[PDB]
Amino acid sequence: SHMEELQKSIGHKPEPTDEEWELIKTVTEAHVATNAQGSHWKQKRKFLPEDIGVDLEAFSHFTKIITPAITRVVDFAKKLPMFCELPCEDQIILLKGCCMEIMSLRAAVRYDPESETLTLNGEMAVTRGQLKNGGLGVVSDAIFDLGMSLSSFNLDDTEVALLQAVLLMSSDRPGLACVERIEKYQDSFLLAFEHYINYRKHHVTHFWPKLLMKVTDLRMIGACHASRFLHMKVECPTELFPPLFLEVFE
Ligand SMILES: N[C@@H](Cc1cc(I)c(Oc2cc(I)c(O)c(I)c2)c(I)c1)C(=O)O
(Lines of atoms letter the chains of each structure in order from A and count residues from 1; the text may use other names and numbers.)
(Lines give C-alpha, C1' and ligand atoms only; values in the text may rest on other atoms or scores of the structure.)
Protein backbone atom coordinates (compact mmCIF):
# COMPACT_ATOMS: atom_id res chain seq x y z
CA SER A 1 0.00 0.00 0.00
CA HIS A 2 2.29 2.67 -1.37
CA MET A 3 1.65 5.36 1.34
CA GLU A 4 5.41 5.90 0.42
CA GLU A 5 5.92 9.41 1.50
CA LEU A 6 4.29 8.73 4.80
CA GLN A 7 6.51 5.62 5.38
CA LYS A 8 9.32 8.21 4.68
CA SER A 9 8.00 10.58 7.32
CA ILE A 10 8.08 7.98 9.99
CA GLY A 11 11.59 6.99 8.87
CA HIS A 12 11.05 3.46 7.81
CA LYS A 13 13.04 2.40 4.73
CA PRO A 14 10.61 0.29 2.60
CA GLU A 15 11.77 -2.92 1.02
CA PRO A 16 10.50 -4.37 -2.24
CA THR A 17 6.78 -5.20 -2.62
CA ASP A 18 6.05 -8.58 -4.08
CA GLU A 19 5.38 -7.11 -7.52
CA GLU A 20 8.88 -5.23 -7.20
CA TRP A 21 10.69 -8.50 -6.53
CA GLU A 22 9.24 -9.86 -9.63
CA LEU A 23 10.45 -6.74 -11.63
CA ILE A 24 13.79 -7.04 -9.95
CA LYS A 25 14.19 -10.68 -10.78
CA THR A 26 13.30 -9.96 -14.51
CA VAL A 27 15.83 -7.06 -14.82
CA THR A 28 18.46 -8.81 -12.92
CA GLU A 29 18.25 -11.93 -15.18
CA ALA A 30 18.16 -9.81 -18.32
CA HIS A 31 21.41 -8.36 -17.26
CA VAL A 32 23.16 -11.48 -15.99
CA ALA A 33 22.36 -13.14 -19.32
CA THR A 34 23.82 -10.39 -21.44
CA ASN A 35 26.69 -9.56 -19.39
CA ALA A 36 29.67 -11.19 -21.29
CA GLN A 37 31.40 -13.81 -19.04
CA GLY A 38 29.30 -13.17 -15.85
CA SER A 39 31.47 -13.61 -12.56
CA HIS A 40 34.31 -15.44 -14.46
CA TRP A 41 35.83 -12.23 -16.21
CA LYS A 42 38.97 -11.58 -13.98
CA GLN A 43 40.90 -14.71 -15.21
CA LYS A 44 39.21 -14.86 -18.67
CA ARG A 45 40.78 -11.49 -19.66
CA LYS A 46 43.76 -10.73 -21.94
CA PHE A 47 45.64 -7.48 -21.05
CA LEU A 48 46.25 -5.53 -24.26
CA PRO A 49 50.03 -5.07 -24.82
CA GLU A 50 51.60 -1.95 -23.21
CA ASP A 51 52.84 -1.09 -26.80
CA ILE A 52 49.38 -0.74 -28.32
CA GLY A 53 48.09 2.84 -27.71
CA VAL A 54 44.25 9.07 -32.56
CA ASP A 55 46.34 5.77 -32.28
CA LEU A 56 44.78 3.74 -34.92
CA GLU A 57 46.02 0.18 -34.05
CA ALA A 58 44.21 0.66 -30.69
CA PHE A 59 41.15 1.93 -32.33
CA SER A 60 41.01 -1.13 -34.58
CA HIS A 61 41.07 -3.55 -31.60
CA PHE A 62 38.18 -1.63 -29.92
CA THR A 63 36.15 -1.51 -33.03
CA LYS A 64 36.64 -5.16 -33.70
CA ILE A 65 34.81 -5.99 -30.32
CA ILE A 66 32.27 -3.30 -30.27
CA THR A 67 29.55 -4.84 -32.46
CA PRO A 68 28.96 -7.67 -29.87
CA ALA A 69 29.01 -5.15 -27.01
CA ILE A 70 26.30 -3.21 -28.71
CA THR A 71 24.21 -6.21 -29.39
CA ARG A 72 24.32 -7.48 -25.81
CA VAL A 73 22.65 -4.14 -24.80
CA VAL A 74 19.93 -4.58 -27.35
CA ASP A 75 19.50 -8.08 -25.87
CA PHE A 76 19.27 -6.65 -22.35
CA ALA A 77 16.49 -4.49 -23.47
CA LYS A 78 14.55 -7.14 -25.40
CA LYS A 79 14.36 -9.06 -22.16
CA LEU A 80 12.44 -6.26 -20.51
CA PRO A 81 8.69 -6.55 -21.16
CA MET A 82 8.19 -2.90 -20.67
CA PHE A 83 10.58 -2.31 -23.58
CA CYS A 84 8.62 -4.76 -25.69
CA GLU A 85 5.54 -2.74 -24.96
CA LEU A 86 6.81 0.24 -26.88
CA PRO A 87 6.67 1.33 -30.51
CA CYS A 88 9.44 0.45 -32.83
CA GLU A 89 10.71 4.05 -33.38
CA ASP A 90 10.67 4.60 -29.53
CA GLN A 91 12.66 1.45 -28.93
CA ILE A 92 15.29 2.48 -31.43
CA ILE A 93 15.34 5.96 -29.95
CA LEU A 94 15.87 4.63 -26.40
CA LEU A 95 18.62 2.31 -27.48
CA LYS A 96 20.65 4.76 -29.42
CA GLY A 97 20.34 7.00 -26.34
CA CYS A 98 21.61 4.54 -23.74
CA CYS A 99 23.88 2.39 -25.62
CA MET A 100 27.13 4.17 -24.53
CA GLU A 101 25.75 4.87 -21.07
CA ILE A 102 25.26 1.18 -20.53
CA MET A 103 28.45 0.00 -22.12
CA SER A 104 30.32 2.50 -20.04
CA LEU A 105 28.72 1.25 -16.96
CA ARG A 106 29.55 -2.33 -17.87
CA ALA A 107 33.14 -1.32 -18.36
CA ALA A 108 33.41 0.82 -15.25
CA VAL A 109 32.17 -1.88 -12.90
CA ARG A 110 35.11 -4.10 -14.18
CA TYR A 111 37.61 -1.70 -12.96
CA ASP A 112 40.56 -3.48 -11.27
CA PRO A 113 42.72 -1.36 -8.98
CA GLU A 114 45.59 -3.98 -8.90
CA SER A 115 46.26 -3.54 -12.61
CA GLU A 116 44.66 -0.08 -13.08
CA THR A 117 42.58 -1.60 -15.95
CA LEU A 118 38.91 -1.91 -17.06
CA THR A 119 37.82 -4.82 -19.03
CA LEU A 120 35.87 -4.61 -22.19
CA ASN A 121 33.44 -7.12 -23.37
CA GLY A 122 34.68 -9.20 -20.52
CA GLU A 123 37.22 -10.15 -23.32
CA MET A 124 40.04 -7.25 -23.10
CA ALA A 125 41.84 -5.28 -20.28
CA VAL A 126 42.93 -1.68 -21.10
CA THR A 127 44.63 1.09 -19.33
CA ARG A 128 43.33 4.67 -19.11
CA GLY A 129 46.00 5.74 -21.69
CA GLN A 130 45.22 2.92 -24.09
CA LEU A 131 41.49 3.67 -24.03
CA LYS A 132 42.10 7.51 -24.25
CA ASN A 133 44.64 7.17 -27.26
CA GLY A 134 42.50 4.71 -29.11
CA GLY A 135 39.71 7.19 -29.64
CA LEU A 136 37.84 8.05 -26.41
CA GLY A 137 39.96 10.81 -25.22
CA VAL A 138 38.70 12.31 -22.03
CA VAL A 139 35.71 9.97 -22.06
CA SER A 140 38.28 7.39 -20.99
CA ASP A 141 39.15 9.50 -18.03
CA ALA A 142 35.44 9.86 -17.27
CA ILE A 143 34.86 6.10 -17.27
CA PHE A 144 38.01 5.25 -15.25
CA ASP A 145 37.24 7.85 -12.72
CA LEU A 146 33.80 6.39 -12.44
CA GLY A 147 34.96 2.77 -12.11
CA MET A 148 37.31 3.92 -9.40
CA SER A 149 34.51 5.52 -7.60
CA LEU A 150 32.03 2.57 -7.86
CA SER A 151 34.61 0.52 -6.12
CA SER A 152 33.19 1.64 -2.78
CA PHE A 153 29.55 1.15 -3.93
CA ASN A 154 29.89 -2.47 -4.12
CA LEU A 155 27.20 -2.88 -6.58
CA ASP A 156 25.72 -6.27 -7.14
CA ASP A 157 24.28 -7.53 -10.37
CA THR A 158 20.84 -6.27 -9.47
CA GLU A 159 22.06 -2.81 -8.80
CA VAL A 160 23.88 -2.58 -12.12
CA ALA A 161 20.93 -4.02 -13.89
CA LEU A 162 18.52 -1.50 -12.42
CA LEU A 163 20.87 1.32 -13.17
CA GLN A 164 20.79 -0.03 -16.79
CA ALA A 165 17.08 -0.05 -16.75
CA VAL A 166 16.93 3.54 -15.46
CA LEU A 167 19.25 4.59 -18.26
CA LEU A 168 17.25 2.82 -20.90
CA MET A 169 13.89 4.31 -19.87
CA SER A 170 14.85 7.97 -20.44
CA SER A 171 11.91 10.18 -21.38
CA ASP A 172 13.90 13.05 -22.49
CA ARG A 173 15.44 11.61 -25.53
CA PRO A 174 14.47 13.51 -28.52
CA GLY A 175 11.88 12.14 -30.91
CA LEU A 176 10.09 9.95 -28.51
CA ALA A 177 6.39 9.41 -28.92
CA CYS A 178 5.39 7.61 -25.71
CA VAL A 179 7.05 9.99 -23.14
CA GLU A 180 4.55 9.61 -20.36
CA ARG A 181 4.69 5.88 -20.63
CA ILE A 182 8.46 5.76 -20.56
CA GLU A 183 8.43 7.99 -17.45
CA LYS A 184 6.08 5.67 -15.71
CA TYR A 185 8.29 2.64 -16.42
CA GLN A 186 11.25 4.61 -15.26
CA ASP A 187 9.59 5.61 -12.06
CA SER A 188 8.67 2.06 -11.59
CA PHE A 189 12.31 1.00 -11.93
CA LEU A 190 13.61 3.77 -9.61
CA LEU A 191 11.08 2.83 -7.00
CA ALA A 192 12.04 -0.77 -7.02
CA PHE A 193 15.78 0.20 -7.11
CA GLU A 194 15.44 2.42 -3.95
CA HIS A 195 13.51 -0.28 -2.31
CA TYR A 196 16.21 -2.74 -3.21
CA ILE A 197 18.84 -0.54 -1.79
CA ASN A 198 16.90 -0.27 1.48
CA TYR A 199 16.95 -3.98 1.55
CA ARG A 200 20.70 -4.09 0.89
CA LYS A 201 21.66 -1.83 3.72
CA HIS A 202 24.84 -0.56 2.17
CA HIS A 203 27.17 0.93 4.81
CA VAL A 204 27.51 4.25 3.16
CA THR A 205 25.80 7.30 4.10
CA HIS A 206 23.41 8.75 1.65
CA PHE A 207 23.78 5.88 -0.69
CA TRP A 208 20.72 6.53 -3.01
CA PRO A 209 21.48 10.23 -3.71
CA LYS A 210 24.95 9.17 -4.39
CA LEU A 211 24.00 6.54 -6.82
CA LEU A 212 21.60 8.88 -8.72
CA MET A 213 24.52 11.18 -9.21
CA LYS A 214 26.20 8.34 -11.15
CA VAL A 215 23.24 8.17 -13.52
CA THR A 216 24.05 11.77 -14.47
CA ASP A 217 27.69 11.08 -14.86
CA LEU A 218 26.80 8.24 -17.17
CA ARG A 219 24.63 10.55 -19.13
CA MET A 220 27.50 12.89 -19.46
CA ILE A 221 29.77 10.14 -20.61
CA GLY A 222 27.28 9.44 -23.30
CA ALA A 223 27.00 13.07 -24.43
CA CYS A 224 30.67 13.47 -24.44
CA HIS A 225 31.06 10.33 -26.47
CA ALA A 226 28.69 11.70 -29.16
CA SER A 227 31.09 14.50 -29.56
CA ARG A 228 34.10 12.19 -29.50
CA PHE A 229 32.35 10.26 -32.22
CA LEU A 230 32.38 13.31 -34.55
CA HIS A 231 36.05 13.96 -33.79
CA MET A 232 36.55 10.38 -34.94
CA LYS A 233 34.79 10.27 -38.20
CA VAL A 234 36.98 13.11 -39.26
CA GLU A 235 40.33 11.57 -37.80
CA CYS A 236 39.91 7.64 -38.30
CA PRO A 237 38.79 6.28 -41.74
CA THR A 238 35.10 5.49 -42.68
CA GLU A 239 36.74 2.10 -43.32
CA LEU A 240 37.16 0.96 -39.59
CA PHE A 241 33.61 1.64 -38.55
CA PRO A 242 31.50 -1.40 -37.99
CA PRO A 243 28.06 -0.88 -39.44
CA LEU A 244 26.25 -1.26 -36.17
CA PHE A 245 28.63 1.31 -34.58
CA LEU A 246 27.58 3.72 -37.31
CA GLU A 247 23.96 3.06 -37.05
CA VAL A 248 23.78 3.59 -33.25
CA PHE A 249 25.80 6.78 -33.12
CA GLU A 250 24.51 8.13 -36.42
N1 LIG B 1 32.60 -3.54 -21.58
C2 LIG B 1 31.28 -3.32 -22.15
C3 LIG B 1 31.26 -2.86 -23.63
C4 LIG B 1 32.26 -1.78 -24.11
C5 LIG B 1 32.97 -2.03 -25.29
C6 LIG B 1 33.90 -1.15 -25.82
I7 LIG B 1 34.94 -1.66 -27.56
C8 LIG B 1 34.11 0.13 -25.13
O9 LIG B 1 34.97 1.05 -25.59
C10 LIG B 1 34.52 1.84 -26.60
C11 LIG B 1 35.48 2.39 -27.37
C12 LIG B 1 35.18 3.23 -28.42
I13 LIG B 1 36.70 4.01 -29.54
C14 LIG B 1 33.89 3.60 -28.82
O15 LIG B 1 33.90 4.39 -29.88
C16 LIG B 1 32.85 2.98 -27.99
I17 LIG B 1 30.80 3.26 -28.20
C18 LIG B 1 33.20 2.13 -26.92
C19 LIG B 1 33.32 0.41 -23.94
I20 LIG B 1 33.69 2.16 -22.87
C21 LIG B 1 32.45 -0.56 -23.47
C22 LIG B 1 30.43 -4.54 -21.97
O23 LIG B 1 30.89 -5.36 -21.16
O24 LIG B 1 29.29 -4.66 -22.52
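To match the PDB entry, the residue numbers of chain A are left as they are there, and the shown ones run 199-251, 264-460. Counting starts at 1 for both ligands and their atoms, following the listed order. Hydrogens, waters and symmetry mates play no part in the numbers below; they use all other heavy atoms, side chains included.
The PDB lists the drug found at ligand 1 under the name L-thyroxine. Going by contact count, the macromolecule most engaged with L-thyroxine is what UniProt calls Thyroid hormone receptor beta. My check of the UniProt 3,3',5-triiodo-L-thyronine-binding residues in chain A for heavy atoms under 4.0 Å from L-thyroxine returns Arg282, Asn331, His435.
UniProt lists residues of chain A as binding L-thyroxine; of these, a heavy atom within 4.0 Å of L-thyroxine is found for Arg282, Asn331, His435. Looking at chain A, most residues touching L-thyroxine fall inside the UniProt domain NR LBD. The source species given by the entry for chain A is Homo sapiens. Measured on heavy atoms with a 4.0 Å cut-off, the binding site of L-thyroxine is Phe272, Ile275, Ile276, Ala279, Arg282, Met310, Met313, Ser314, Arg316, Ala317, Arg320, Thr329, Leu330, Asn331, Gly344, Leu346, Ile353, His435, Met442, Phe455, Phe459.
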